[PDB]
Amino acid sequence: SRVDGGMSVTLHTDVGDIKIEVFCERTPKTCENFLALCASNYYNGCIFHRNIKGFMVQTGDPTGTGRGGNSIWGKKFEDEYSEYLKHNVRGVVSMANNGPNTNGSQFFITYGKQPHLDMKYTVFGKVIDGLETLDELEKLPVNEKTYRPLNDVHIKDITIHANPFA
Amino acid sequence: XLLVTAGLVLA
């Protein structure tokens, strides 16, 4: 009888690595979509187009505008909520959206507790390692009415990790 | 306010 520690990915950014555990047991579709886009190089070259100190940093848009991106299936998909998955700590990873069931590819990472998002945005991950990298991202000189970082900071490429207990 | 949308950014 073996154990499966599940899948996780490491975001290789211009300012460091961020390792994210992906809750594939709870949010299956969100999990497969994230892993698939990650493997297709979809996020390679993506910048964090909106960084709000104390709130969250958002990315996942190839176009870099703020209204781009889509799912591996090429069509927005349903939300996946769980009463045990909440924006209660610094480092939760969730899917941005424009209302119920409009999940595509954009996602964000919280800089702290953000209870008003619970049950409104699908949380599918958590930063397990590389918290340092999050601090660098937060204290980044940004615009002021757009929060667009002054200097572009990208996600160079992504490493997918398999079951740690294989 | 503090929302995470994709396109129409609101307050």
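Each sequence line gets a chain letter, starting at A and going down the list. Chain A is numbered as in the PDB entry, which gives 1-166 for the residues shown. Residue numbering for chain B follows the PDB entry; the residues present correspond to positions 1-11, in that order. Atom set for the values below is all heavy atoms of this structure, side chains included, hydrogens, waters and symmetry mates excluded. Residues with modifications are recorded as their parent amino acid or as X, and additional atoms are not taken into account for contacts.
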Which chain is the chief contact partner of chain B here, under the naming of UniProt?
Peptidyl-prolyl cis-trans isomerase-like 3
Which of the drugs bremelanotide, ciclosporin, taltirelin, vasopressin is observed at chain B? ciclosporin
So if I look at chain A around ciclosporin (chain B), which UniProt domain am I mostly seeing?
PPIase cyclophilin-type
| message | Out of curiosity, what organism is attached to chain A in the PDB? | response | Homo sapiens
| said: I need the residues around ciclosporin (chain B) for a figure - heavy-atom cut-off 4.5 Å, please. | reply: A/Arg50, A/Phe55, A/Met56, A/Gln58, A/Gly66, A/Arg67, A/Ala96, A/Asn97, A/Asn98, A/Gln106, A/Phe108, A/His116, A/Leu117, A/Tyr121
Which residues from ciclosporin (chain B) have at least one heavy atom closer than 4.5 Å to a heavy atom of chain A?
B/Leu2, B/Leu3, B/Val4, B/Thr5, B/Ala6, B/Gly7, B/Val9
